[PDB]
2 protein chains.
Amino acid sequence: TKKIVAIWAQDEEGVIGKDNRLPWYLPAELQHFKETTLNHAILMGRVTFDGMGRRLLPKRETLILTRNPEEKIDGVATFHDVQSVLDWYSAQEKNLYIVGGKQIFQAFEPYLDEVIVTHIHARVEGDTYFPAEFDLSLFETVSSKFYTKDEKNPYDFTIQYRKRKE
Amino acid sequence: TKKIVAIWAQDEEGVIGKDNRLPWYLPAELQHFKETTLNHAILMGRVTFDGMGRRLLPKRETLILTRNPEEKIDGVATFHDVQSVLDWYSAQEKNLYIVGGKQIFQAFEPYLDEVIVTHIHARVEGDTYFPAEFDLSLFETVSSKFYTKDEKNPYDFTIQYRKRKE
Ligand SMILES: NC(=O)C1=CN([C@@H]2O[C@H](COP(=O)(O)OP(=O)(O)OC[C@H]3O[C@@H](n4cnc5c(N)ncnc54)[C@H](OP(=O)(O)O)[C@@H]3O)[C@@H](O)[C@H]2O)C=CC1
Ligand SMILES: NC(=O)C1=CN([C@@H]2O[C@H](COP(=O)(O)OP(=O)(O)OC[C@H]3O[C@@H](n4cnc5c(N)ncnc54)[C@H](OP(=O)(O)O)[C@@H]3O)[C@@H](O)[C@H]2O)C=CC1
Ligand SMILES: CN(Cc1cnc2nc(N)nc(N)c2n1)c1ccc(C(=O)N[C@@H](CCC(=O)O)C(=O)O)cc1
Ligand SMILES: CN(Cc1cnc2nc(N)nc(N)c2n1)c1ccc(C(=O)N[C@@H](CCC(=O)O)C(=O)O)cc1
């Protein structure tokens, strides 16, 4: 039942970030993020955390990965290496969602059970892309859904759930 | 020539914020913001400062308004009340841009020489509205320009420059 899942959103070319934030705004996609991670743990890099104004998502067990030994935010648990997070994960039952920052996605690739990827049907300008060396072939699409754009969500997008091929 | 200017962006209903961020993403509008405030000073409330990850913008003198006893913060100047900012402003020659936070906009409205308002032609969900306690009759629109929507900027928007008359 328990698993480590990577979840991210990207444009048509793999863009995931710009100026420490996301180069788009789609409340409906954020809603999907909320429903998926609700009542679970999420691990994000220190940069992405600061990028979102250090906001603590309600009903989410927030885990921050940093190399700063003096880093200490109230409301969140700090981790300084991958092994530490894996030990934490094994000592509990909740699913663990790798939520972001290209470096974090790269660091956890070997331990991923599944990926939930949102393909935004648009092309934007970004300075950070999903890891091009990430081997998505080891995964298989189990389900997906198309979300039609509207006033508040200017770009169409699709969400795919892909499990690790046996 | 020097003056105190308020700059902000709002949707058709006056929405300026949602969950401590701006409910939209328009690189061309952010480029506009940079062109306007570049090489000058900008004053933002502590909330907004936190909201953008304490990210210090380049070629900008950042001023933070807060009641927090702290005498200083980052590579920024800390102020503890409205009058303090106005006095600092009087002792120098650069234009002062009031850039954000509903409370900060409201606090400096009586001292504004000009407003530069971006009118985003769309309706989005906000939890923070521009504090419109301005006697509009006091200002005159010198000009406004239109920016047609495109792939990276999904909403049309108009930037209006208004100066205090009489
Ligand atoms: N589109 C999407 O789905 C998402 C996009 N993003 C975007 O991606 C960009 C951020 O990505 P990125 O720049 O890679 O930053 P990350 O979010 O990956 O964070 C990087 C930081 O994590 C810490 N870190 C990294 N590796 C380790 C390690 N092995 N051990 C301990 N600490 C480590 C360090 O923090 P420290 O420097 O403190 O030591 C490092 O600076 C932003 O634009 C963000 O908005 C983020 C999430 C999702
Ligand atoms: N659309 C746009 O153009 C912009 C929108 N925004 C949005 O506005 C929202 C934030 O607005 P708001 O919540 O009002 O926060 P503000 O950014 O206005 O910051 C408020 C804080 O400033 C300090 N402060 C306020 N008044 C005084 C005073 N008289 N003397 C000393 N310090 C004072 C306090 O900080 P402390 O609590 O530390 O004492 C107060 O909590 C966010 O959603 C943000 O995204 C922000 C900028 C632009
Ligand atoms: C920057 N950032 C990270 C971010 C954004 N979108 C993503 N989208 C996906 N698919 N995957 C991610 N890792 C992801 N990460 C953010 C920023 C804000 C919120 C946020 O406010 N989320 C609300 C939901 C907002 C809503 O319901 O519209 C929540 O409670 O989770 C989440 C992630
Ligand atoms: C949240 N926030 C405040 C914000 C955003 N847009 C605004 N837009 C207007 N017109 N007025 C404001 N006061 C305003 N404030 C931000 C967030 C990021 C950047 C920013 O990255 N600015 C870069 C430009 C980034 C870009 O060109 O993409 C700069 O150097 O000014 C500015 C303000």
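Chains get letters A, B, ... in whatever order the sequence lines come in. The PDB entry numbering applies to chain A: residues 2-167, in that order. Residue numbering for chain B follows the PDB entry, covering 2-167 in order. Every number for a ligand or one of its atoms is a count from 1 in the order of the listing. Only this structure's heavy atoms are used, side chains among them; waters, hydrogens and symmetry mates stay out.
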Margin query: Could you check ligand 4 and tell me the drug name?
Written below: methotrexate
Notebook entry, point to check: Which chain contacts methotrexate (ligand 4) the most here, in the terms used by the PDB entry?
Noted result: Dihydrofolate reductase
Check: So, is B:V100 polar-close to methotrexate (ligand 4), with some N/O to N/O distance under 3.5 Å?
Finding: yes
Notebook entry, point to check: By number and element, which atoms of methotrexate (ligand 4) are closer than 4.0 Å to a non-hydrogen atom of B:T119?
Noted result: 10 (N)
Next item on the list: Find all atoms of methotrexate (ligand 4) within a distance of less than 4.0 Å from any non-hydrogen atom belonging to B:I8, and give their numbers and elements.
Entry: 10 (N), 11 (N), 12 (C), 13 (N)
Margin query: Using a 4.0 Å cutoff against the non-hydrogen atoms of B:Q32, which atoms of methotrexate (ligand 4) qualify?
Written below: 27 (O)
Check: Which organism did the depositors list for chain B in the deposit?
Finding: Streptococcus pneumoniae
Note to self: Quick check on contacts: which atoms of methotrexate (ligand 4) are under 4.0 angstrom from a heavy atom of B:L23?
What the structure shows: 1 (C), 5 (C), 6 (N)
Next item on the list: May I ask you to identify the nearest protein heavy atom to atom 26 (C) of methotrexate (ligand 4), giving residue, atom name and distance to one decimal place in Å?
Entry: B:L31 CB, 3.7 Å
Next item on the list: Output the list of atoms in methotrexate (ligand 4) that are nearer than 4.0 Å to some heavy atom of B:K35, sorted by atom number.
Entry: 29 (C), 30 (O), 31 (O)
Next item on the list: Provide, to 0.1 Å, the distance between atom 22 (N) of methotrexate (ligand 4) and the closest protein heavy atom, together with that atom's residue and name.
Entry: B:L58 CD2, 3.8 Å
Item checked: Closest approach of any protein heavy atom to atom 18 (C) of methotrexate (ligand 4), naming residue and atom -> B:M53 CE, 4.2 Å
Check: To the nearest 0.1 Å, how far is atom 30 (O) of methotrexate (ligand 4) from its closest protein heavy atom, and which atom is that?
Finding: B:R61 NH2, 2.7 Å
Notebook entry, point to check: Got the closest protein heavy atom to atom 11 (N) of methotrexate (ligand 4), with its distance?
Noted result: B:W9 CA, 3.2 Å
Notebook entry, point to check: What are the atoms of methotrexate (ligand 4), with element, lying closer than 4.0 Å to any heavy atom of B:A10?
Noted result: 8 (N), 9 (C), 10 (N), 11 (N)
Checklist line | Shortest protein heavy-atom distance from atom 8 (N) of methotrexate (ligand 4), along with the residue and atom involved | finding: B:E30 OE1, 2.8 Å
Note to self: Could you identify the single nearest non-hydrogen protein atom to atom 33 (C) of methotrexate (ligand 4) and state the distance to 0.1 Å?
What the structure shows: B:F34 CE2, 4.1 Å
